[PDB]
Asks: 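Today's structure: one with pemafibrate.
Numbers for residues simply follow the sequence, beginning at 1. Read the numbers this way: they start at 1 and go in the same order the structure lists the ligands and their atoms.
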Amino acid sequence: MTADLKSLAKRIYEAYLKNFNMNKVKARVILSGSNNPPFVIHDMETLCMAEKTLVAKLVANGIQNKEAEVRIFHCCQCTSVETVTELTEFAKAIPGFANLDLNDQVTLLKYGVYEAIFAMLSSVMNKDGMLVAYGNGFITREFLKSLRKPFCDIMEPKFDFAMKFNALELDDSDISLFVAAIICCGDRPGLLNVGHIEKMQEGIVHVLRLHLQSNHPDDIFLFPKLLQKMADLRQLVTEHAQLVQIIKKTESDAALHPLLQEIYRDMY
Ligand SMILES: CC[C@@H](Oc1cccc(CN(CCCOc2ccc(OC)cc2)c2nc3ccccc3o2)c1)C(=O)O
């Protein structure tokens with residue numbers, strides 16, 4: 001007459017497989033090297049070729065098209081908006097989340113979504129570049145570094161995080177629980193029912209700890225390593241939000257999608 005924590009871990013994993021269009025298995029199949037192979041974006045010529053095939057509407061304007069850096073900024077936001085939708089549906093599988101007040105659900109997702117985004121982003125990155133456009137492009141790390149300031153500063157810290165995160169060799173069953181734990185942080189600003197959220201967090205972290213013990217018997221410190229990665233992600237998001245605000249204020253053509261503007265509003 002006890003919680004079945006192995007069953008819960010499997011439920012979370014199944015919800016992750018159902019709700020996220022990208023996962024580490026899918027990404028690795030593509031990155032390894034037959035249908036729909038990824039178009040490689042390594043310079044301005046190949047960026048523009050990729051846009052004409054994969055986001056035609058964005059470049060179907062005359063000399064009215066935006067600057068390449070602003071077009072990339074827009075494409076990045078589009079993926080974030082879609083991933084926020086996936087994360088919101090995923091969160092329903094977390095025991096207790098759907099029993100919280102709506103306002104607390106909103107607050108947890110508001111602070112958690114970009115931590116989860118950058119954790120899952122790691123799965124589509126290697127040291128040379130990253131998958132984009134639902135696995136149909138691969139944009140090189142060096143090309144993103146070549147963009148004009150400040151746009152060249154967006155992705156490189158995420159690559160830095162990812163290279164170390166990927167060295168932990170998590171699989172999707174681990175990542176699903178890590179993303180659930182990110183969402184269940186009881187110390188987010190503005191929460192109403194802190195006590196119930198702390199209990200929800202305790203439960204999901206217990207599931208995560210036991211799962212890592214079973215799935216990674218070789219790495220006895222993997223759980224505290226991941227606790228530290230959660231704190232690293234919070235700092236990564238804080239710095240990212242600061243850069244997004246600089247771009248919003250100084251780049252008149254770089255607009256922010258209204259759903260993301262609300263996420264960023266009063267966040268840090
Ligand atoms: C800039 C403001 C924006 O910052 C960022 C910063 C880093 C990452 C993102 C979201 N992201 C990159 C999409 C790039 O998308 C294209 C698409 C086409 C293209 O050219 C053809 C170029 C880039 C992403 N990928 C993922 C894959 C798996 C899981 C989660 C994922 O998250 C947004 C924000 O804050 O929303």
Asks: Of all chains near pemafibrate (ligand 1), which one has the greatest contact count, and what is it called in the PDB entry?
Replies: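 Its main partner is Peroxisome proliferator-activated receptor alpha.
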Asks: Find all residues with any heavy atom less than 4.0 Å from an atom of pemafibrate (ligand 1).
Replies: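 Heavy-atom contacts: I41, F73, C75, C76, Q77, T79, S80, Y114, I117, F118, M120, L121, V124, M130, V132, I154, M155, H240, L260, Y264.
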Asks: Considering non-hydrogen atoms of the protein only, which is the closest contact for atom 25 (N) of pemafibrate (ligand 1), and what is the distance?
Replies: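 Sorting protein heavy atoms by distance from atom 25 (N) of pemafibrate (ligand 1) puts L121 CD1, 3.5 Å first.
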Asks: So which protein heavy atom does atom 32 (O) of pemafibrate (ligand 1) come closest to, and at what separation?
Replies: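 Heavy-atom neighbour on the protein nearest atom 32 (O) of pemafibrate (ligand 1): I117 CG2, 3.6 Å.
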Asks: Among all protein heavy atoms, pick out the one at the shortest distance from atom 12 (C) of pemafibrate (ligand 1); state its residue, atom name and that distance to 0.1 Å.
Replies: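 Of the protein heavy atoms, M130 CE, 3.9 Å lies nearest.
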Asks: Can you list the UniProt indeglitazar-binding residues of chain A with a heavy atom under 4.0 Å from pemafibrate (ligand 1)?
Replies: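 UniProt binders with a heavy atom in range: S80, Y114, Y264.
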Asks: Hey, quick one: which UniProt domain of chain A is doing most of the touching with pemafibrate (ligand 1)?
Replies: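 Mostly the UniProt domain NR LBD.
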Asks: So which protein heavy atom does atom 20 (O) of pemafibrate (ligand 1) come closest to, and at what separation?
Replies: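 For atom 20 (O) of pemafibrate (ligand 1), the nearest protein heavy atom comes out as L47 CD1, 4.1 Å.
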Asks: Of the protein's non-hydrogen atoms, which lies at the shortest distance from atom 6 (C) of pemafibrate (ligand 1), and what is that distance?
Replies: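 Nearest neighbour among protein heavy atoms for atom 6 (C) of pemafibrate (ligand 1), to 0.1 Å: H240 CE1, 3.6 Å.
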Asks: Identify, for atom 22 (C) of pemafibrate (ligand 1), the protein heavy atom at the shortest distance, and state residue, atom and that distance.
Replies: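 Closest protein heavy atom to atom 22 (C) of pemafibrate (ligand 1): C75 CB, 3.9 Å.
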Asks: Could you go through pemafibrate (ligand 1) and list every pair where one of its N or O atoms sits under 3.5 Å from a protein N or O, giving the atom names and the distance to one decimal?
Replies:
{"from": "pemafibrate (ligand 1)", "atom 1": "4 (O)", "to": "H240", "atom 2": "NE2", "distance (Å)": "3.2"}
{"from": "pemafibrate (ligand 1)", "atom 1": "15 (O)", "to": "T79", "atom 2": "OG1", "distance (Å)": "3.4"}
{"from": "pemafibrate (ligand 1)", "atom 1": "35 (O)", "to": "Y114", "atom 2": "OH", "distance (Å)": "3.2"}
{"from": "pemafibrate (ligand 1)", "atom 1": "35 (O)", "to": "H240", "atom 2": "NE2", "distance (Å)": "2.8"}
{"from": "pemafibrate (ligand 1)", "atom 1": "35 (O)", "to": "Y264", "atom 2": "OH", "distance (Å)": "2.7"}
{"from": "pemafibrate (ligand 1)", "atom 1": "36 (O)", "to": "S80", "atom 2": "OG", "distance (Å)": "2.7"}
{"from": "pemafibrate (ligand 1)", "atom 1": "36 (O)", "to": "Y114", "atom 2": "OH", "distance (Å)": "2.7"}

